[PDB]
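To start, the structure itself, in structure tokens.
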Amino acid sequence: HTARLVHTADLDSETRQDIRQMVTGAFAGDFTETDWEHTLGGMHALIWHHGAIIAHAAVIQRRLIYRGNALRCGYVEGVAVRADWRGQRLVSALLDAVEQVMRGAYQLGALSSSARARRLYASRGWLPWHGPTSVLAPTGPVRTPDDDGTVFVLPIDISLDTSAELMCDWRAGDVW
Amino acid sequence: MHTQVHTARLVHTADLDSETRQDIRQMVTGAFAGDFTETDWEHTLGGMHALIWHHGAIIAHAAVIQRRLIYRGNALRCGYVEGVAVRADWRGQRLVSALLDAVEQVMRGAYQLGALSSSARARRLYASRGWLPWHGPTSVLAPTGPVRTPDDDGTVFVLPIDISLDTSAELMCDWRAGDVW
Ligand SMILES: CC(C)(COP(=O)(O)OP(=O)(O)OC[C@H]1O[C@@H](n2cnc3c(N)ncnc32)[C@H](O)[C@@H]1OP(=O)(O)O)[C@@H](O)C(=O)NCCC(=O)NCCS
Ligand SMILES: CC(C)(COP(=O)(O)OP(=O)(O)OC[C@H]1O[C@@H](n2cnc3c(N)ncnc32)[C@H](O)[C@@H]1OP(=O)(O)O)[C@@H](O)C(=O)NCCC(=O)NCCS
Ligand SMILES: NC[C@H]1O[C@H](O[C@H]2[C@H](O)[C@@H](O[C@H]3O[C@H](CO)[C@@H](O)[C@H](N)[C@H]3O)[C@H](N)C[C@@H]2N)[C@H](N)C[C@@H]1O
Ligand SMILES: NC[C@H]1O[C@H](O[C@H]2[C@H](O)[C@@H](O[C@H]3O[C@H](CO)[C@@H](O)[C@H](N)[C@H]3O)[C@H](N)C[C@@H]2N)[C@H](N)C[C@@H]1O
Ligand SMILES: Nc1ncnc2c1ncn2[C@@H]1O[C@H](COP(=O)(O)OP(=O)(O)O)[C@@H](OP(=O)(O)O)[C@H]1O
């Protein structure tokens, strides 16, 4: 299988719904209205089999502040492979597409991973963040300790001290 | 299907081949008569470029990049318009309208609102298409906290997509290097 990249604005309404339902079912309900909102706005890597969406990952644009610079970041959201199609390395095909988008448009990729998926990201060259994570909330920088240990980055055109602070920009729901 | 002549084509930054990317950058930089910095170029990257081609050259460009604008404590998902330019030999023919057809389509299909900071020259063009001028004070959520951006007051326009915005309220953009708006 090979993923196809489609911008959110190019999704017909039937396709957009098929994605939301497949991703929601793949997370077994652990995917909220704001998790879905966070998957919108960027490029969706999609894998189909006979007219049905069997795999999805989205890369959206945001800023991550590292050593005072607001790095242009491709943030990965909604990675999911339909349950009956798992164990077939379809996720590797989704990540090939999302990583291609990073190399062509961003300074680094980033994402917040489940304890499970960590081996997968690390095997592809993603780096686990060791420094304290924070978010630039409307009141100012606030640490995000519940997200520590879950963030991974994919440097594109920068070497990174992964034990320095990393502060994402603000949004509703999970900020990472 | 007709030839598609002068219809703007949408291409993500990651899909621009090297020659096209350089053509866009020199064209947009030259369209602005020296008021387009390296940082302003960086701001045009990461999203969808609306491109109009003529004889293999880019004669108009507008990019829609994604960011958040904070309104009443809500981080709205915004398509922000950067690098709007029509090459000078092609101006006066409404090609910017063709760019905006594409930009507005991206807003309706992917964001809660479009926004941009307009030149005094271009304000009427946007207002004519239904973009609303932002009358409230503007600010940016800088690393030290909110800070007003008075130099950007009276320049911002928005295109709400099925959300109602009180355009007299404070509007606070997220942080980046260079001009935040
Ligand atoms: C995480 C996920 C995207 C991986 O997709 P995938 O294509 O199945 O991944 P792979 O084929 O490379 O397999 C990954 C691991 O999943 C497990 N797995 C294998 N078969 C499985 C099956 N039939 N059903 C469920 N999990 C299975 C194994 O641990 C496997 O390790 P291995 O490849 O070294 O043997 C997928 O399990 C899924 O969508 N999970 C729920 C959503 C979620 O957690 N997404 C990740 C968010 S960061
Ligand atoms: C703003 C811009 C994109 C408009 O593009 P366009 O396709 O030429 O727009 P229009 O055809 O609607 O012309 C806009 C106005 O420019 C003027 N104009 C006409 N011919 C012109 C020319 N040859 N050169 C300069 N301005 C001209 C007229 O005032 C016209 O208004 P009208 O339609 O009411 O007569 C273009 O002038 C530009 O690239 N300027 C430099 C970059 C810039 O400032 N971008 C704006 C980003 S906010
Ligand atoms: N809930 C659905 C989401 O799950 C993941 O991210 C989320 C991570 O899974 C979250 O991680 C949390 O849940 C995981 C997985 O159960 C735990 O391993 C982890 N220690 C805990 O902090 C982290 N705290 C936030 C992040 N948005 C996907 N990357 C995106 C998806 O929207
Ligand atoms: N300099 C190149 C840029 O010009 C425009 O935006 C810029 C606006 O033109 C700027 O507006 C300023 O410049 C214009 C003159 O062009 C004045 O009308 C306005 N009062 C003044 O504040 C505003 N302050 C910042 C914004 N990024 C383009 N939309 C984007 C482009 O990168
Ligand atoms: N209305 C326009 N304003 C500005 N340039 C224009 C316009 N109409 C035609 N041109 C250009 O003026 C040149 C001559 O136009 P044509 O290509 O139509 O010429 P031709 O029919 O005689 O072969 C072309 O530019 P190029 O040679 O650098 O590619 C063409 O793009």
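The chain called A is the first sequence line; B is the second; the pattern continues. Shown for chain A, in order and in the PDB entry numbering: 6-181. Residues 1-181, in that order, are what chain B shows, numbered as in the PDB entry. In each ligand, atom 1 is the first atom listed, and ligand 1 is the first ligand listed. The figures that follow rest on heavy atoms only: side chains count, while hydrogens, waters and symmetry mates do not.
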- Look up the drug at ligand 3 and give its PDB name. tobramycin
- Determine the main partner chain of tobramycin (ligand 3) by heavy-atom contacts and give the name the PDB entry assigns. Aminoglycoside 2'-N-acetyltransferase
- Other-chain contacts of tobramycin (ligand 3), heavy atoms, cut-off 4.0 Å: A
- Which residues are in the binding site of tobramycin (ligand 3), using 4.0 Å as the heavy-atom cut-off? A/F32, A/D35, A/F36, A/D40, A/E82, A/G83, A/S117, A/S119, A/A120, A/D151, A/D152, A/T155, A/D179, A/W181
- Numbered atoms and elements of tobramycin (ligand 3) in range of A/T155, under 4.0 angstrom, heavy atoms: 19 (C), 20 (N), 22 (O)
- Look up the source organism of chain A in the entry and report it. Mycobacterium tuberculosis
- Message: Please report whether tobramycin (ligand 3) has a polar contact with A/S118, defined as an N or O pair separated by less than 3.5 Å (distance criterion only).
- Response: no
- Atoms in tobramycin (ligand 3) with a heavy atom of A/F32 nearer than 4.0 Å: 2 (C), 4 (O)
- Task: Would you mind checking which non-hydrogen protein atom is closest to atom 23 (C) of tobramycin (ligand 3), with the distance to 0.1 Å?
- Result: A/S117 OG, 3.3 Å
- Message: Quick check on contacts: which atoms of tobramycin (ligand 3) are under 4.0 angstrom from a heavy atom of A/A120?
- Response: 18 (O)
- May I ask you to identify the nearest protein heavy atom to atom 14 (C) of tobramycin (ligand 3), giving residue, atom name and distance to one decimal place in Å? A/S119 CA, 4.0 Å
- Message: To check your reading of the model: name the closest protein heavy atom to atom 2 (C) of tobramycin (ligand 3), its residue, and the distance in Å.
- Response: A/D35 O, 3.3 Å
- Item | chain A: UniProt substrate binders within 4.0 Å of tobramycin (ligand 3) (heavy atoms) | A/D35, A/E82, A/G83, A/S117, A/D151, A/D152
- Query: Which residues of the UniProt CoA-binding set in chain A does tobramycin (ligand 3) share, counting a residue if one of its heavy atoms lies under 4.0 Å from it?
  - Reply: none
- Which tobramycin (ligand 3) atoms are under 4.0 Å away from a heavy-atom of A/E82? 30 (C), 32 (O)
- Atoms of tobramycin (ligand 3), numbered as shown, that sit under 4.0 Å from any heavy atom of A/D151: 22 (O)
- Query: By UniProt annotation, which domain of chain A has the most residues touching tobramycin (ligand 3)?
  - Reply: N-acetyltransferase
- Query: Going by the atom numbers of tobramycin (ligand 3), which of them fall below 4.0 Å from some non-hydrogen atom of A/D179?
  - Reply: 25 (C), 27 (N)
- Task: Considering the heavy atoms of A/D152, write down every atom of tobramycin (ligand 3) situated less than 4.0 Å from one of them.
- Result: 23 (C), 24 (N), 25 (C)
Using a 3.5 Å cut-off on N/O to N/O, what pairs does tobramycin (ligand 3) make with the protein? A line per pair would be great.
residue	atom	partner	partner atom	Å
tobramycin (ligand 3)	1 (N)	A/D35	O	3.0
tobramycin (ligand 3)	1 (N)	A/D35	OD2	3.4
tobramycin (ligand 3)	6 (O)	A/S117	O	3.4
tobramycin (ligand 3)	18 (O)	A/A120	N	3.0
tobramycin (ligand 3)	22 (O)	A/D151	O	3.2
tobramycin (ligand 3)	24 (N)	A/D152	OD1	2.9
tobramycin (ligand 3)	27 (N)	A/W181	O	2.7
tobramycin (ligand 3)	29 (N)	A/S117	O	2.8
tobramycin (ligand 3)	32 (O)	A/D40	OD1	3.4

